[PDB]
Amino acid sequence: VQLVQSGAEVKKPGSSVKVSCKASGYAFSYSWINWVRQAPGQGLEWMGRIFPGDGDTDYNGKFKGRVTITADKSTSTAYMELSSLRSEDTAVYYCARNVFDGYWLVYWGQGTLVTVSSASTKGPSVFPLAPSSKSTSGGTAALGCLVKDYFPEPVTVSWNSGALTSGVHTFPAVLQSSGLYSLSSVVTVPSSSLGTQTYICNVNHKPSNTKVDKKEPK
Amino acid sequence: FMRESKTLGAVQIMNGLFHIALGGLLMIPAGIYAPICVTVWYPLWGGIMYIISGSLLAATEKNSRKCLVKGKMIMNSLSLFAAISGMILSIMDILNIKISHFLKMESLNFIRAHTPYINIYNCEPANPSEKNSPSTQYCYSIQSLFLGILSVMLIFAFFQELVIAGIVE
Amino acid sequence: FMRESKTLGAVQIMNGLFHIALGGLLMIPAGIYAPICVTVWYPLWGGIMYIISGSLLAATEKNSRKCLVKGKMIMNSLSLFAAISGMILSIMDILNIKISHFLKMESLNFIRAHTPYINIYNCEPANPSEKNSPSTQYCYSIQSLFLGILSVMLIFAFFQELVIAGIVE
Amino acid sequence: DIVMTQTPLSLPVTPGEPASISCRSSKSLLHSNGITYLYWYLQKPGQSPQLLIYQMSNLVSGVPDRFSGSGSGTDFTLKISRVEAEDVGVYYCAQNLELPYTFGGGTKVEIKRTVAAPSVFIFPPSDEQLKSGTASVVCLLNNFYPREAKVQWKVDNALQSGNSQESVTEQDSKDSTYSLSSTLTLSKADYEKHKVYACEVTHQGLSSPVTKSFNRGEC
């Protein structure tokens with residue numbers, strides 16, 4: 001049994017998305033289909049359900065019937081449409097097959113994160129976190145790269161083209177008021193090598209295909 | 001009519017066989033709360049009593065001294081009592097299957113130990129997710145099945161009571 | 001024998017009524033693939049053919065001018081054809097219900113519109129862990145119940161064909 | 001709608017001895033059939049939720065037997081016979097007696113470890129950003145336990161509220177330590193209007209608050 005969901009899409013408020021929760025290995029017409037989302041800072045909330053066989057539906061009622069649910073029997077594919085998008089609709093949407101007789105929802109898809117924002121493509125700004133003269137406390141020293149003003153998710157950061165993996169911390173980005181995301185990645189390293197050997201952060205922003213390398217005591 | 005009393009014994013015998021058949025069809029152990037028309041084992045002894053009281057009219061049909069007509073009247077009274085009993089039983093069991101049951105009417109061990117887990121009188125799943133579930137398409141089928149069995153049994157009970165009432169003179 | 005052939009038409013009439021009753025009981029929408037005993041709509045026209053070949057036997061019991069005996073032959077032969085057809089259909093349907101059904105027999109729409117999903121031949125879930133489910137106690141029970149109904153219908157069909165072959169001499 | 005409430009929202013647990021998490025319903029779930037319908041879900045980090053406990057009294061195939069659940073009908077307890085370092089995630093209770101279905105708010109279960117004193121670091125703003133007209137100042141907090149910590153910014157000894165954002169990272173693979181990020185972006189003008197930038201850290205493992213500061217321009 002496999003459940004393969006559609007890829008992630010970033011849109012703008014007022015648009016719509018169509019997610020395909022395609023599954024194989026069982027009788028699609030003999031199972032219910034439900035859509036469930038998971039928003040940040042909230043638990044899990046049921047938004048609705050569809051019965052593909054004859055079109056039977058159930059609604060929670062809190063969301064006043066605005067969602068449209070359809071079924072495509074020719075490919076055993078279900079579709080979820082979300083119109084009039086609001087900021088509070090940012091969530092990962094999962095499809096799930098109901099298994100009758102107690103085992104309600106054993107198999108779940110991997111989910112699709114949909115982020116609603118009135119933003120545009122923008123390349124990341126990478127800044128150095130230079131050690132200071134008084135940053136000679138001894139023992140270890142922290143250094144890093146600041147990956148600032150990027151959108152959308154995700155970004156990856158490596159050190160010395162991947163040679164440095166132990167002691168890496170990449171700070172998750174949660175939100176920001178301007179609408180652009182920024183994060184820092186830091187690594188603890190021996191302080192004694194700071195005077196003759198330098199480090200470079202490798203930033204990759206796949207949506208824009210932009211790479212930048214920005215080069216210490218000061 | 002009395003003139004054709006010969007051809008009401010074949011009828012009574014076939015009716016007894018049909019009661020035997022419906023009893024055999026009811027003995028199937030489907031659930032713990034079994035119908036009331038089975039756990040009382042009515043159709044079996046009713047059919048066998050019909051078969052005796054029919055076979056005895058079948059091959060004599062003449063004027064003998066005492067046993068013949070004395071048995072014939074006690075058997076006809078027995079048959080009318082059996083008919084009104086079957087009437088009352090069917091009119092209670094139709095309500096038992098189509099309206100919420102009130103009498104548990106516990107059943108026998110050798111048939112409970114096979115299917116002791118299921119309910120049939122009110123098998124509606126608690127979670128609304130199972131509205132389009134096998135257990136209710138199945139329950140609607142089984143309710144239709146008792147409705148059909150009991151309706152045929154009702155029709156045949158009226159036919160027997162009709163021809164008895166037409167031959168009691 | 002002929003000595004009491006005047007009381008066989010009642011047997012024919014009742015047997016036709018039993019065929020009608022069993023057909024009506026098979027009409028119930030139980031599953032997606034109805035048995036061949038009901039998809040061909042045999043029992044209806046079978047019972048009507050029985051009732052008609054009956055209600056002519058017990059008319060006068062004398063030698064009519066020309067209509068009664070010529071039709072007693074033509075109608076008798078047609079009922080022979082019907083009986084052997086019922087034999088063939090029954091020996092097909094037993095295998096159908098107790099071996100995996102090799103032919104489809106898709107049921108009709110106005111009845112499947114209630115329970116169009118369940119199958120009556122192979123109620124086996126893929127994963128064997130789920131085998132302790134209500135839907136298979138249920139399916140085994142329904143299979144035993146269909147086995148019983150078809151067995152009693154087989155019994156009564158042999159009984160009717162035996163009485164026919166005995167009297168039509 | 002029927003509201004689901006959990007207690008507590010977070011619970012640091014230590015290997016072996018303790019296991020405690022509770023759910024309750026506001027309507028006393030009971031269909032008069034003698035069984036109370038429940039489900040327990042687990043969402044492991046970075047992947048889809050999985051079911052741990054179905055109908056509150058039975059386990060699924062393949063899950064380790066060190067799991068149990070019981071209750072009376074309004075107050076409920078989930079018990080782990082032997083808590084390990086792999087059953088991390090958010091546990092959700094749920095009811096399916098009636099539509100609409102409702103879900104709990106979630107409980108984040110993490111590993112309890114020894115107290116570790118925080119290390120505090122400060123990084124002055126870069127010259128390029130100042131030249132660009134903006135200024136991001138970062139106050140670093142490498143490693144600490146427990147997760148609860150309070151960071152207050154003082155600028156000329158005046159606390160500034162509203163212009164900062166916090167971030168927190170998930171547990172490391174084997175270290176099981178915590179990290180914290182504090183972010184703050186200001187204009188070059190607001191930056192230059194004051195001089196002393198200080199981070200005062202209060203923590204259970206620190207005997208007294210530590211302040212790290214730097215003077216603009218001179219190094």
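Letters A, B, ... are given to chains in the order of the sequence lines, protein chains preceding strands, and every chain is numbered from 1. We read in the header that electron microscopy, 4.2 Å was used to get this structure. Excluded from the calculations below are hydrogen atoms, water molecules and symmetry mates; all remaining heavy atoms, backbone and side chain alike, are included.
The drug observed at chains A and D carries the PDB name obinutuzumab. The macromolecule with the greatest number of heavy-atom pairs within 4.5 Å of obinutuzumab is, in UniProt, named B-lymphocyte antigen CD20.
With heavy atoms closer than 4.5 Å, the chains neighbouring obinutuzumab read B, C.
The entry's source annotation for chain B reads Homo sapiens.
Taking 4.5 Å as the distance limit, the heavy-atom pair count with chain B is highest among the chains of obinutuzumab for chain A.
Segments near obinutuzumab: of the UniProt transmembrane segments of chain B, counted from the N terminus, none has a heavy atom under 4.5 Å.
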